[PDB]
A.B. asks: 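Structure of estradiol bound to Estrogen receptor beta - open in front of me now.
Labels below follow one simple rule: chain letters A, B, ... track the order of the sequence lines, proteins then strands, and each chain is numbered from 1. In each ligand, atom 1 is the first atom listed, and ligand 1 is the first ligand listed. If you're wondering, the header gives X-ray crystallography, 2.1 Å.
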Amino acid sequence: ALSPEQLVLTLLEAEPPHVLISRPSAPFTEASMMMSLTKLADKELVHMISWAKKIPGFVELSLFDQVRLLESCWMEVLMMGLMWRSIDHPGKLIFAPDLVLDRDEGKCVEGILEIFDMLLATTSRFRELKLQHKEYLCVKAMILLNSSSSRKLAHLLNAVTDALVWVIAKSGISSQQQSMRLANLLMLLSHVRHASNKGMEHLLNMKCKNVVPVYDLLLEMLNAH
Amino acid sequence: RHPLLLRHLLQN
Ligand SMILES: C[C@]12CC[C@@H]3c4ccc(O)cc4CC[C@H]3[C@@H]1CC[C@@H]2O
């Protein structure tokens with residue numbers, strides 16, 4: 001079993017790489033913006049499965065639970081990553097190093113502007129709280145593990161919570177400020193979940209009306225709905 | 001209904 005500090009370091013070593021994607025040469029259309037964003041998502045999904053497998057305890061769960069967790073959390077985990085990438089750039093969504101979208105560029109995709117505004121507002125909350133790197137790592141793991149072998153899972157989630165509490169304690173703030181910071185970080189989990197629910201409705205519709213074709217792993221996740 | 005995800009989960 002790991003100490004809180006060691007668990008955090010394990011999460012740090014597990015971080016997935018930044019997928020590279022570029023703008024098309026021609027101006028964005030509804031179809032081409034949806035193509036660039038789903039292509040990004042599908043590649044990230046491959047690395048996400050590898051990340052989850054490195055979270056201590058995950059591969060000891062039943063293979064059924066592993067499927068269920070990833071199936072439930074994937075959009076949330078993508079959005080959390082995006083928000084972290086975007087945290088020091090107000091008005092912008094840093095999908096990848098060469099795909100940095102200004103808020104208004106979403107005007108070309110029907111319905112996406114609402115979701116961009118949710119992601120941007122939640123990102124601003126994390127900015128105002130001064131979310132720290134180690135806190136981000138614990139929260140992202142908590143998203144996976146709370147998305148819902150059973151004894152193992154509640155234990156795993158508790159270990160990650162203990163790790164977050166440990167990180168907050170290291171900041172040196174008062175006992176009541178520590179409780180307050182824990183509450184404020186965790187209250188943002190429901191905003192991430194809300195944005196995921198809305199993003200999933202949007203993408204499912206776009207797929208359904210054949211605005212954008214999706215393949216392989218992303219296709220398989222969407223067909224589950 | 002998860003051939004790919006299972007394969008990624010099991011691959012090394
Ligand atoms: C799911 C959507 C396509 C993929 C987008 C994506 C793609 C990659 C990523 O890391 C984060 C996000 C969040 C916003 C997502 C979009 C919101 C609506 C759209 O359908």
A.B. asks: Where exactly can estradiol be seen in this structure?
C.D. replies: ligand 1
A.B. asks: Which chain letters come up when looking for other chains with a heavy atom under 4.0 Å from estradiol (ligand 1)?
C.D. replies: A
A.B. asks: Please list the residues near estradiol (ligand 1), using 4.0 Å as the heavy-atom limit.
C.D. replies: A:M34, A:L37, A:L40, A:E44, A:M75, A:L78, A:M79, A:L82, A:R85, A:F95, A:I112, A:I115, A:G199, A:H202, A:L203
A.B. asks: If you have a sec, work out which protein heavy atom is nearest atom 17 (C) of estradiol (ligand 1) and how many Å separate them, to one decimal?
C.D. replies: A:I115 CG2, 3.9 Å
A.B. asks: What protein heavy atom is closest to atom 16 (C) of estradiol (ligand 1), reported as residue, atom name and distance in Å?
C.D. replies: A:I112 CD1, 4.5 Å
A.B. asks: Which estradiol (ligand 1) atoms does A:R85 reach within 4.0 Å, using its non-hydrogen atoms?
C.D. replies: 10 (O)
A.B. asks: Residues of chain A touching estradiol (ligand 1): which UniProt domain claims most of them?
C.D. replies: NR LBD
A.B. asks: So if I count the atoms of estradiol (ligand 1) from 1 in the order they appear, which ones are less than 4.0 Å from some heavy atom of A:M34?
C.D. replies: 20 (O)
A.B. asks: Which of the numbered atoms in estradiol (ligand 1) are under 4.0 angstrom from any heavy atom belonging to A:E44?
C.D. replies: 8 (C), 9 (C), 10 (O)
A.B. asks: Among all protein heavy atoms in this structure, tell me which lies nearest to atom 7 (C) of estradiol (ligand 1), with the distance rounded to 0.1 Å.
C.D. replies: A:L37 O, 3.6 Å
A.B. asks: What organism is named as the source of chain A in the metadata of the entry?
C.D. replies: Homo sapiens
A.B. asks: Return the closest protein heavy atom for atom 1 (C) of estradiol (ligand 1) as residue, atom name and distance.
C.D. replies: A:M75 CE, 3.5 Å
A.B. asks: Looking only at protein heavy atoms, which one is nearest to atom 19 (C) of estradiol (ligand 1), and how far off is it?
C.D. replies: A:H202 ND1, 3.4 Å
A.B. asks: What atoms in estradiol (ligand 1) come closer than 4.0 Å to a heavy atom of A:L203?
C.D. replies: 1 (C), 20 (O)
A.B. asks: Which residue and atom name correspond to the protein heavy atom nearest atom 12 (C) of estradiol (ligand 1), and how close is it?
C.D. replies: A:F95 CE2, 3.7 Å
